[PDB]
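Positions are given from 1, in the same order as the sequence printed here. We count ligands from 1, going down the list as the structure has it; atoms in each ligand are counted the same way. Method on record in the header is electron microscopy, 2.8 Å. Because only heavy atoms are used, hydrogens play no part in the values below, and waters and symmetry mates are left out as well, while side chains stay in.
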Amino acid sequence: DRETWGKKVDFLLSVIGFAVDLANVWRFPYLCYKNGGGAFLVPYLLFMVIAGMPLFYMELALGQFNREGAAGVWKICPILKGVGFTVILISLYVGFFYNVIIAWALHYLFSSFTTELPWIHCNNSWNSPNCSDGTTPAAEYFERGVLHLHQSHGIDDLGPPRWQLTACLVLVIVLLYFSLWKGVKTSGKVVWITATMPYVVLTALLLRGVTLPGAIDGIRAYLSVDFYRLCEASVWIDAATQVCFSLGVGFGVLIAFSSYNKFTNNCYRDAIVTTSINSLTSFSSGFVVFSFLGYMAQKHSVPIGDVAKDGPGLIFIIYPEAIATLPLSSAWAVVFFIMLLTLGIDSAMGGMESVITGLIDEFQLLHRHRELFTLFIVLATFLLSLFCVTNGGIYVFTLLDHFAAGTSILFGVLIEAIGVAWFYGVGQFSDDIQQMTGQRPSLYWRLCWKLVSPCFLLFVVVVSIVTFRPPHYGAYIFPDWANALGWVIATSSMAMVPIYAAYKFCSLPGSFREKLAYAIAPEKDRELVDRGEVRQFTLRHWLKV
Ligand SMILES: COC(=O)[C@H](c1ccccc1)[C@H]1CCCCN1
Ligand SMILES: *[C@@H]1O[C@H](CO)[C@@H](O)[C@H](O)[C@H]1NC(C)=O
Ligand SMILES: *[C@@H]1O[C@H](CO)[C@@H](O)[C@H](O)[C@H]1NC(C)=O
Ligand SMILES: [Cl-]
Ligand code: NA
Ligand code: NA
């Protein structure tokens, strides 16, 4: 009685909605433009084929077979149960700050319901004497009339929270609570709108932007192969990092979503379809951004390089600046901000569902008490998200975005891959998959699970640690204690594995050998362990593909 999905289309839509987030539609086209373009697809496709698909398949299959949450699937290796807490903490940390972009989108949407947009000129009370008519009026409106950033001196001078953004945060929190309090029976029908509206808005945006003058010259700059940029060891690193960070792995959301699936459904086809859709969405959406950027560059007589920005300064400054020059600008602004709002609401409920399912599956007291636990979680998230709505909240946002999910997601994914493929065994995993579906994975999948994925993940982790630069916002330089706090957050997320491993080893009874045997063997093999035969205590178990 684990409350399976109402329909199968509810699962696919939920996964697609979680995967497609705000960063999906701007990061990949910019990365393609920077690293050649067209030729950048070769490292991306190679790394994707050899790393991303096997990890997606492994997560889906593990979640579906074990019928539990992120921390409950570790009855196959009891000593490695800390990685579930690690991924839950990562999701909580990301959600602590991902709910402020949606508040900004709500603020802009409410402000766009007028016959004269407030960011078209600088004659208001929030504009400095020097102006473009000197920073542009759009940027001045964004970071001087909305954020009120000019009243802060850094992360050590924050100030009281702003009520105009606190109201939007409250609205977002109320929507999040009422979209998740009854489980997946109601959460699977919400995604019928939020996972399909972005495509409807993007089609109209592309149709409008294609006809703009100079949009073709912005598209040619997007798809122009080089093939001589593959000789530099910066394109491959960027491709590997993008492959690692573009999938939904490392959060525990996929395991939680799969735990509600039927036992005998086919997860291979589902993984293939979801991955194909997620990868095609970014490539397709790259056609609108660069058409608009080419239109703007032709308007200002400047190269596209100086126009193509990144981060929150693109969708809140650059995009609502070309719209104001279009006929019927208010309607276009309204639909654009509706799309922005609906594109990151299903990536914030997926993370919350991951946390809630993972914590409920462990303690049985929080069973049938689903509304109260959800209320407590959303209240805690709202309380801890009040730091980013102050005068200097953009600094806290930048710090959290830099340190919350990075070098820890890769660590958790590598640990879980090692646990699944080495401690448990690829043979047992293949037998379980053959038990669920009707067919056994081939040699390619087992080889990728055992050898290629761990080495790739370890190389990515090492290159992420070695090449590290502190965050910044404009000309501001963060102090030392901010970097110390970021490192403390990252290490606190990552340090769940050793502490739980030590506690588990110390709690078990007996001598060293019995403790080890009960700690590394699956809970389903308890009879064999009691009899005295352990699979892991042999040479042939670790050298088997
Ligand atoms: C920094 O924001 C994020 O990484 C997104 C997220 C948002 C809210 C809760 C958890 C994760 C994920 C969505 C899936 C694809 C990878 N990005
Ligand atoms: C601002 O408004 C005043 C009066 O409405 C006008 O004289 C002035 O030219 C305007 N300046 C700009 C930059 O809009
Ligand atoms: C623009 O005005 C702001 C506020 O008065 C000031 O801090 C800044 O130095 C000025 N910059 C220029 C280039 O005039
Ligand atoms: Cl992407
Ligand atoms: Na999303
Ligand atoms: Na993505």
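Found at ligand 1 is the drug dexmethylphenidate. Going by UniProt, the chain with the most contacts to dexmethylphenidate here is Sodium-dependent dopamine transporter. Binding site of dexmethylphenidate at 4.0 Å (heavy atoms): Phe18, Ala19, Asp21, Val94, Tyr98, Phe245, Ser246, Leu247, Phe251, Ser347. Measured by heavy atoms, dexmethylphenidate lies under 4.0 Å from these UniProt Na(+)-binding residues of chain A: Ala19, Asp21, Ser246, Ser347. In chain A, the residues that UniProt lists as binding dopamine and that have a heavy atom under 4.0 Å from dexmethylphenidate are these: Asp21, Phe245, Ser347. Nearby ligands and ions of dexmethylphenidate, counting only those under 4.0 Å: none.
Counting UniProt's transmembrane segments of chain A from the N terminus, heavy atoms under 4.0 Å from dexmethylphenidate lie in segments numbered 1, 3, 6, 8.
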